[PDB]
Structure formats: C-alpha cells, structure tokens
Student: 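I'm sharing a structure that contains aminopterin.
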Amino acid sequence: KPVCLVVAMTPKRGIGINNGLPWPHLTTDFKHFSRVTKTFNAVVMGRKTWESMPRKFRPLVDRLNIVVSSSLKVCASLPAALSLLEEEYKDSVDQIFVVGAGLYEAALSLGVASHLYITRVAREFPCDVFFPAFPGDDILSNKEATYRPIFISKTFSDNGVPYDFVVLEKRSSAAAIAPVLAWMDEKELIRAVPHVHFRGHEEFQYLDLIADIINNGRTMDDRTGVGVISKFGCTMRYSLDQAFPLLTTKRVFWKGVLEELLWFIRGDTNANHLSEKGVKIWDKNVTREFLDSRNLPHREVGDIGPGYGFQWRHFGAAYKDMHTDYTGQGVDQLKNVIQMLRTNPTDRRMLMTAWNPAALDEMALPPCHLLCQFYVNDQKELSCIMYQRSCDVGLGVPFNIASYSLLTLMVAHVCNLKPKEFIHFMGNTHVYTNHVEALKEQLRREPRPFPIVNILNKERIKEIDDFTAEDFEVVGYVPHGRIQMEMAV
Amino acid sequence: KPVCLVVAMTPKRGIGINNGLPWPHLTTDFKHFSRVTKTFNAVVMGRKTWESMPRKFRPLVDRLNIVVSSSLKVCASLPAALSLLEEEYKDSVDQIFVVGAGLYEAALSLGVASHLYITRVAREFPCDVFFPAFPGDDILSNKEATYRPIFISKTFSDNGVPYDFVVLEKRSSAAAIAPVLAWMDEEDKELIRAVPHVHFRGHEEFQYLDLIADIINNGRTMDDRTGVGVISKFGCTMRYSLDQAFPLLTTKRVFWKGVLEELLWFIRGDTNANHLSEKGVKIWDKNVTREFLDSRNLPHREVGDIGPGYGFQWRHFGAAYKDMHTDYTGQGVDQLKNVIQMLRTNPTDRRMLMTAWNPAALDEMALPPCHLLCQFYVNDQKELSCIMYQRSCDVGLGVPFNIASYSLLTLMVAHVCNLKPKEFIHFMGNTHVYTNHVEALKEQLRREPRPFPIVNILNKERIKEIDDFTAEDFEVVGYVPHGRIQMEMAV
Ligand SMILES: NC(=O)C1=CN([C@@H]2O[C@H](COP(=O)(O)OP(=O)(O)OC[C@H]3O[C@@H](n4cnc5c(N)ncnc54)[C@H](OP(=O)(O)O)[C@@H]3O)[C@@H](O)[C@H]2O)C=CC1
Ligand SMILES: NC(=O)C1=CN([C@@H]2O[C@H](COP(=O)(O)OP(=O)(O)OC[C@H]3O[C@@H](n4cnc5c(N)ncnc54)[C@H](OP(=O)(O)O)[C@@H]3O)[C@@H](O)[C@H]2O)C=CC1
Ligand SMILES: Nc1nc(N)c2nc(CNc3ccc(C(=O)N[C@@H](CCC(=O)O)C(=O)O)cc3)cnc2n1
Ligand SMILES: Nc1nc(N)c2nc(CNc3ccc(C(=O)N[C@@H](CCC(=O)O)C(=O)O)cc3)cnc2n1
Ligand SMILES: Nc1nc2[nH]c3cccc(Sc4ccccc4)c3c2c(=O)[nH]1
Ligand SMILES: Nc1nc2[nH]c3cccc(Sc4ccccc4)c3c2c(=O)[nH]1
Ligand SMILES: O=c1ccn([C@H]2C[C@H](O)[C@@H](COP(=O)(O)O)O2)c(=O)[nH]1
Ligand SMILES: O=c1ccn([C@H]2C[C@H](O)[C@@H](COP(=O)(O)O)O2)c(=O)[nH]1
C-alpha cells in the first residue's frame, strides 16, 4: 500500500489560489504529471481539486479516479479511500497517487506516503492554499521520519517560470574480460550530497568538480603563499535556453557580476568606478602595496593597467593611465565579433582575446579568463566558449560562469539570436587550502532551481554599448546562504 | 570444454627466439599473464615452452600444469590433454588455458578456442617461432569462424617496448524514479559507431573515433569559408597520456615527417613555407599560392610567405612584420623562451602560456591560426602537462596531425626543462568534418586501433635548449598504422 504525493509548489509551499493554480501554464510540468501517474494506476483528489479541473479533462483518462468529498455523487475520507483500493482493485491497481491540501496533510499525518514528487516552482506567486510544512522542507527554501531527495532534475521553464522536478523518499559472453579489468583497476572520498542518485541539475558539474579536486588533486604552492590543491584541464557546460546558471548552493554576488561586465564592455580600467558602487572585487589587487609588488609604483591606486576590457575594445593600443581616452585606438574585438555574428555567422574566427604578452607586465593581474569564442548554428542559436587559465573554484568560478553566460545573453540579443550554451574551459583549476572546510559544507547542500535572467527594455537596446545596470531582472533566485571565503591576494 | 589461448606477439605474429622471448622484460605483461591464469585453473604448454621458463618459477604455482611432449615424465598431444582434464579434474579445475606455437596451431584447428588473450607487442624483434595465421589477424598488422576483438586496452610500456592487451572472441528507489527518467529520455537515425563489437574501449584513440561518430550523428550541417560545407559541433575535448607511449594515431597513417618539420619550423620563428615545401612537406602550399594571397588582399607578399603567423608570434609576438627574409632577433616577445624560463625556475606559476592569436596582425596573415593557445602545468612529481586550444578543427585531416604536433612539443619542452611528459589535453572550438570526407571517415571507423608507438629523443646529451633539436633527433618506434586514406584539403 505505499502511496506517493504529486505536487507543484512555490518556495513558500504555495499550491493554489481561488480554487485554481497560482502560476500561468507549465507545459512540461503537465507532461511530467501525465507520465508519472500512468504506467492501471490510481489517482486520488480532494473535493475542490476535482472542480479546479476543466470538464473535458475531468475524468483523468487511463487512470482510476477517486474524489474524497462527503457531498457529491468516491469516498468519505483518505483512510476509507485506501480501503476501496485494497478491497476491490487489488488486481491491476499498481501504485497509487494523491494529487489538494488537507488531502496532502491527511496523508502526511497518517504517514502512508513513501515518496514525494515535487515540482519546485522557483517564483513566488500569490497563494491562499499551502502544502503542509514537513521535514526535508529545506529542499524548497532556507526556512524521527524525514524526506531526503533522491532525484533532482535539470531546470526547465515555461511562460517566464523556472522549475525543477525532485523526488523525495521517507528514510562467459564477456565475464572472461573481467580478470583483465580486475588487475587494471584499484582515502575517504567526499561526494556532493551522496543520497541523490539521479543528478540532472547542471550545478552538479560544479559540485562534482569540487569533489574531484579535493579527492584527486595534488597539493601545491603558489604566488599567493596560501597553498592550493589543483588539477589541470577541466570542463563544464551550462545550458542557457531555459534558465540561467546562477549558482544556488551559495548566493552569488549578482550585482558585482553585472557591474564588472558593464565595466569590461566600456573598456574601463579604473577599479574605483567598481568600488564606488560597492563592488570591491578588484580592490586588493589595485592597492599601492600590490602595484608596487608588481613593479608599478607609477600607477595610481585603482588602475588595473591595460587589462581585460581594454584589450577587448582596444587591443594593442599604447596604455597611459585610467583617465585617458582610447576611442579609435587598437582593435575593437567585441564590435568585430558582433559584426561577423550579424553578417556572417558561419565564420570560425569569432574570438576575443584578453591575452597580450606585449602588455602583461603593465597589468595589475594577468587575465584569468583570457579567450572566448562564439558559434551560431542553423537555428540561430548562439553558444560561447571561454578559456580560463587559472580558476579559483571556491570564489571566482561561480562568478565567472555567471559573467560569461550573461555576456552570451547580451550578444545573442543584439544579434537577433537565441542564447543556447555556455562552455567552460579551465586550465589550472584550484581550491585554496583555507577554503576546504567551507566547500565541504557547500557539498552538503542540494541545489535549487536556476533562475531566469530577463533583459528589460529589449526595444531600446540595439548595440552592446546600450546596456545599463538597470536592464536585467533576475527571476526566481532562491539560493542557500552566503558562505564567506577570503580572497588569496 | 571451452579453451582460452594466452599469447604475446609481435606485429608479424612473432613469439620466440632460441627457446626464449624476443623482447626484453615486460613487467605488466607478466602481471597480466599471472592474473589471467589464476582465479584452480589449468595451464597447458608444449615441451619447449616448459624448458623456456626458469626453474624457480617452473611448475607455475597455484595452477595445474600440463606439458605436451613425447620425451618427458604430461600427455602425448592436445586431444589427450583435454581428455585428461575431463576424466579426472572435473572438480575445482575451472577454466583451461593454452600458453607454445603448434600447441596454438593444434588448438585453432581443433576449433576449441573460445577467446584469445593477445598481448600486442608493437616492435619487431628477431623471431624464429611464429603464432599461426588466423582469421582476424588484421588486429596485428596490415597482412568460416572469425576471432573478433571485444576488448582493447590503453598502451603500456616497459624497457622501450610499447604494447596493448586485446581479447578476441570466436563468432525500491529505482522503480519510483523510472517514470520521471522515462519521459526525459523520450523526446528526442541509424547511429554510426566506431568498431561497435569492441565493448571495453580503453585505447585512448577511441576518443578520436567517437568524436567522428558524434559529429556525424549529432552535428549540424553548415556553410563555410571554403564553399565545401561541413558538419559541426562546438566545444569538444580529448586527452592523451604521454608517460607510456605517444598518441600517433593508428587508424590511418599520420605524416610524421610533416609533424616534425612543421614544429621545428615553428620553433625557429620561420614564415617561409618554401622551406617546408623543399623538404617534401607541402601542407602549407595551397594556402600561400599567388592566387590565395591576393584573395586575402596581400598582393605585396612573395609566394610562400605565411605572414606574421604561428612561429612568428611565438618567438616575436607583436614585432612589426616585413617579409619572410628579414631578421627579427630581439624584436617582440619570445613567449617560448619565457615559458621555458618559467618552467625551469617557477613550476607553480599559472601564467605559462603562449598564444599566436594577435588581432593586430590577423589581416596580415595568410591564415588566422587554428591552434591558437597552449598552456603548461607541472605537478608535484615533476610531470609536465599541456593544453592546446584550437578554434577550428578539421577532424579528418588536421586533428590527428595537431595531436601529434603538440604532443611532440610537450616532449621537447619536458626534456629541456628536466621534467617527465605526462599528458596532452586537447580543447576544441569549432569541430568539423568536411562533407567530402564523410565516406572515408566511415571506412576509418571500421578499423580497430593498434598500440601507440614510443617516440624517443636521440642525442639527449647534446640537447640543452629548445632551439638545439633538429630533424634527425627523433625516432618513432613500433608504429604500425592502417593504410593511408586520401582526403583532399578544403582550400
Ligand atoms: N499545484 C498543486 O500541486 C496542486 C494545487 N491544487 C490547488 O489547491 C486548491 C485545492 O486544494 P484545497 O483548497 O486544499 O482543497 P482540496 O482539493 O483538498 O479539497 C478539500 C475538500 O476535500 C475533502 N477533504 C480534504 N481533507 C479531508 C479530510 N481530511 N477528511 C474529510 N474530507 C477531506 C473535504 O470535502 P468535503 O467538503 O466534502 O468534506 C474538503 O472540503 C486549488 O487552488 C487547486 O487549484 C490542487 C492540487 C494540486
Ligand atoms: N610470447 C609468447 O606468447 C610465448 C612465446 N613462447 C616461445 O615460443 C618458443 C616455444 O614455442 P615452440 O618453439 O613452438 O615449441 P613448443 O613449446 O610448442 O613445444 C614444441 C614441442 O612440444 C611438443 N609439441 C608441440 N606440439 C605438439 C603436438 N601438436 N603434438 C605432439 N607434441 C607437440 C613437441 O615435443 P616433443 O619433442 O617432446 O614431442 C615439440 O617438439 C620459445 O621461444 C618460447 O619462449 C612460448 C610461449 C608463449
Ligand atoms: N507536479 C504537478 N504539477 C501539476 N500541475 C499538478 N497539478 C495538479 C492538479 N491540477 C491539474 C491541472 C490540469 C490537469 C489536467 O487537465 N491534466 C492533464 C494534462 C495532460 C497533459 O497536458 O499532458 C492530464 O493530467 O493528463 C490536471 C490536474 C496536481 N498535481 C500536480 N503536480
Ligand atoms: N601473454 C603472455 N605473455 C607471456 N610473457 C607469456 N609467457 C609464456 C612463457 N614464458 C614465461 C616465463 C616466465 C613466467 C613466469 O615465471 N611467470 C610468473 C609471473 C609472476 C608475476 O609477475 O606475476 C607467474 O605467472 O607466476 C611465465 C611464463 C607463455 N605465455 C605467455 N603469454
Ligand atoms: N583569489 C582570487 N582573486 C581574484 N581576483 C579577482 C579579480 C576579479 C574577479 C575575481 S572573481 C571573484 C571576485 C570576488 C569574489 C569571488 C570571485 C577575482 C578573484 C578571485 O575570484 N579569486
Ligand atoms: N582544411 C584544412 N586546411 C588546412 N590548412 C592548413 C594549413 C596548415 C596546416 C594544416 S594542417 C594539415 C595537415 C595535413 C594536411 C593538410 C593540412 C592545414 C589545414 C588542414 O589541416 N585542413
Ligand atoms: O575571474 C577571475 C579572475 C581571477 N581569478 C583568480 C584565479 C587565481 O587563483 C587568481 C590568481 O591568478 P594567478 O596569477 O595565480 O593566475 O586569479 C579567478 O579565479 N577568476
Ligand atoms: O593546424 C591546423 C590548421 C588549420 N586547420 C584547419 C581548420 C579549419 O577547417 C581550416 C580553416 O578554416 P577556418 O579556420 O579558416 O574557418 O583550417 C586545422 O584543422 N588544423
């Protein structure tokens, strides 16, 4: 008699309003709902849930229906509705399904539910009916039997609404090839949330990367003196067609991403412009003491030299200081990339580099993310690869995933393309030794659905220089807590 | 009654000389032989094989030994051996292994052999005893039941000898999740696969072969610069191990002399393609004709001048280009010197990179670099690894050549920096097969890989700097590729 709950709920456990659904139509959720409930199977719904459904759908085709009212033409309650399933139906009736509140809370208190099939809607919506609070509730937001997630899907979206699917549970042909495999094969491996067998969420790539570097990396020294554990040659890829990979296992500093990127695009080399908006990510690397450690006593405090964005907009131009005007100097790699994207998308030379050996000594830091390449296919879908030489997995990586994915949206939009994928290529890939305990905590967190990032005022924005800080909404971002990690300078 | 043969052979099926083994000691192969034959099992050998084995090892421990001979103290033939095994031994005797020539040929004629366990020694050695010709032979060299390979390992080595293991054969919570998986598979013809019969695909060349299947089945058809038209994917990865052997691909013959000459040309900083052409390496010629130079708006270029590309940017990044005849010594950044310098002094530095992509000089080049960046890494055991990023990749023609080129550079660099080469890592942008290469590539996919060769640097003693290497300082050892497959270059 094991029973399974099938629900869609917002992060605050919201499920409905005005005897109806809080959110516009979720197509894929519906496909999911259909498939799960038939393989005959029994669905069991509360009085009012039956009404919510439009009549042409009301008898749920190819499934035994049950309503639990006391006033309609069908059982008196849930315990008596289980009886009906044992008494008759014992033949054919495979697994059962409960599909409104009060019928959910009924099933929880009577403790007959072994599994929960939960569509996590990432947005909050006005609601007047809620799913009961339960142990394992953390899977929804930051709010002895308990419900442990065993499955977590990729992020989907419909009508501007991001959503995940999770499932929670109460807690000699070629055997004569084996002796050879045996001898070819081989202390305590950490794994990100080991209880999740089916790891669809694309954020597992980042969580499994962290595990790999800690289990199989090699302890090394470095420029900073802090010490690392590293690997070399690592790969992640993030899909941009449904959702946006803003990491959920720790809050990513979104404003910083978006400001630094707009700062790159103007070709600005004054870190003070970032700092004065409360984005201090450059400050430790442009202090007097650090410019002097870089043999650049002539540099003003804040001046990053001819770095990142200077090279994007003015490659090979002679650098002076951060107040000087370079308009018309060097190669504008960004405009050329866009022009080629608009006029000839099959060209294979759509690249932008930040690596200029002639100028490395003049920069505060040698660039980390130093190359990106764009690719269009035959459906007008755009993808981007970025090659990063040196990757602080703790701190920089999540920020960088966001940064370059956002640039892919920005470029897709001015070129009249749909963004498809971000491909992340990593060289020296390291975890600072003093971030390890923090990262082990992070690996005990189950990811939440990815948000969507929208571009507002699309009508106004025609060229890449037209974007401002106020032209993006992040929708449905529900991360776990910030985890503090000190920057190795 | 099924039997298994266990052998090690050269490419010409050579197994013995002077009642001994042809090659120096192969440790892993001995491990392999021991682990396969005990799990009690019986081994069956010919008299002369019994006598090959040193005496301290002689009765092979923990195995029933049977010798076929007519002189000793033991059965008179193979049929007689298999009778022995059935009459007594039916208990605890699990599998039976045949381990000399002529015992191998009797076992193949009788037809009682179900699996062959063949260790493929990649070098030839003087041999006076051979393993019989058998259908499936083609796994060894370019020389009805057939023995088809089902398992093919990675390449190993010991004492300067590269080798493979292949195996031939005669011819609660799950339940609940199943439905949610079921619909995420559904949405979304006849898949092409490289040697599908091969179930355990350790040979690192399966990376290249599976990359060709993947582009063909899942890539999108597009136009391009050339007019020829391609199938493409975006963002592809391979990695090749360098500690044991060298990834010179075996499913078609790769042009070693071209790899090596071009790489040396790169290191010199040379931009004259005539110097390549004059040594019988014409890979640059179609891209430096008078005709191709004008279609690039460079009528002032002498035929063969590739402009300030590859090696020019490596040795003189940003220097002002004139022509292929000028001396640039001292001008621009010598990225290669710097990388080496950093590897010798500071192996944990994370800025060990070299790029040929210079957007200020791209129009002046005949061709924008394809392989445009490489970065180096040293771990805690003095092992050098290398990543190269290639923006555009002709999977049919250039990729194998590109794999060998940067792998060789890795060796060259590791040697002058006193490191051991470990791994070459290939990062690929626009990754594509030309449409007129497809039929040929599908043929190529029917060919199982052979063990990789080793590349030795000769005259290590005299070679202290990167500019010291010449064409005569390398040997390729044990290279046994399949035939060339002619594929024309899309101009
Ligand atoms: N997104 C989702 O996952 C889902 C959302 N919904 C939404 O939620 C709302 C419907 O849920 P809700 O309002 O809670 O109403 P329900 O559908 O749970 O129906 C409540 C009625 O069912 C009967 N009932 C429920 N529990 C008991 C009990 N323990 N003992 C006896 N009878 C019981 C009663 O009928 P009687 O009055 O006859 O005694 C009660 O009036 C709608 O807005 C609907 O759209 C519904 C299903 C799923
Ligand atoms: N690398 C490898 O895979 C292996 C290599 N080897 C090498 O091969 C050589 C040994 O092979 P090889 O020279 O062929 O000799 P074998 O070991 O096959 O033995 C030859 C002798 O065994 C007996 N014999 C063999 N076949 C028959 C038969 N069909 N019927 C009756 N008696 C038979 C005969 O002994 P009698 O004179 O008593 O009648 C014959 O003279 C050595 O150099 C050895 O190191 C051996 C094993 C493995
Ligand atoms: N995870 C999740 N997501 C939900 N939306 C959900 N909704 C409810 C209740 N609300 C309903 C709304 C519409 C229908 C309806 O007409 N459905 C057709 C759709 C067929 C198709 O489109 O394939 C069907 O069932 O074949 C049924 C119930 C209960 N649990 C739920 N759980
Ligand atoms: N594929 C293959 N490779 C071969 N070399 C091979 N050689 C022969 C004959 N030559 C032999 C010489 C010495 C031994 C010996 O003392 N071996 C130890 C290894 C101990 C260990 O390291 O475990 C053992 O097994 O305990 C065994 C065989 C026959 N078939 C063969 N087949
Ligand atoms: N060790 C370390 N040094 C960094 N310097 C940066 C400069 C700009 C952006 C970044 S990315 C970043 C910035 C703030 C917080 C996390 C990543 C870094 C960065 C980083 O991530 N790690
Ligand atoms: N389509 C295609 N065009 C090429 N132009 C080249 C110029 C120099 C080296 C190369 S590599 C190469 C290796 C073997 C044969 C031809 C080119 C290419 C090359 C290639 O491989 N494919
Ligand atoms: O976007 C960025 C910029 C910088 N870094 C960090 C990675 C290195 O830990 C740090 C120092 O660079 P190196 O000089 O060590 O490469 O820069 C990032 O991770 N992401
Ligand atoms: O080492 C090389 C050099 C060139 N090419 C090929 C890849 C491209 O198919 C062709 C030129 O096309 P574009 O990169 O120009 O699109 O050069 C390679 O594959 N490998």
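Labels below follow one simple rule: chain letters A, B, ... track the order of the sequence lines, proteins then strands, and each chain is numbered from 1. Whatever order the structure lists them in is the order used to number ligands and atoms, beginning at 1.
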Student: Point out every copy of aminopterin in the model.
Tutor: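 All copies together: ligands 3 and 4.
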Student: Report, by its name in the PDB entry, the chain making the most contacts with aminopterin (ligand 3).
Tutor: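 Most contacts: Bifunctional dihydrofolate reductase-thymidylate synthase.
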Student: With a 4.0 Å cut-off on heavy-atom distances, which other chains neighbour aminopterin (ligand 3)?
Tutor: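 Under 4.0 Å by non-hydrogen atoms: A.
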Student: Enumerate the residues contacting aminopterin (ligand 3) with a heavy-atom distance under 4.0 Å.
Tutor: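 With non-hydrogen atoms counted, the site is A:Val6, A:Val7, A:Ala8, A:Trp23, A:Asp29, A:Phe30, A:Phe33, A:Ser34, A:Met53, A:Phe57, A:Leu60, A:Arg63, A:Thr119.
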Student: What is the source organism the PDB records for chain A?
Tutor: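 Going by the entry: Toxoplasma gondii.
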Student: Which UniProt-annotated substrate-binding residues in chain A have heavy atoms closer to aminopterin (ligand 3) than 4.0 Å?
Tutor: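 Heavy atoms under 4.0 Å from aminopterin (ligand 3), UniProt residues: A:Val6, A:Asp29, A:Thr119.
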Student: Mind checking which UniProt domain of chain A carries most of the contacts with aminopterin (ligand 3)?
Tutor: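 By UniProt annotation, dhfr.
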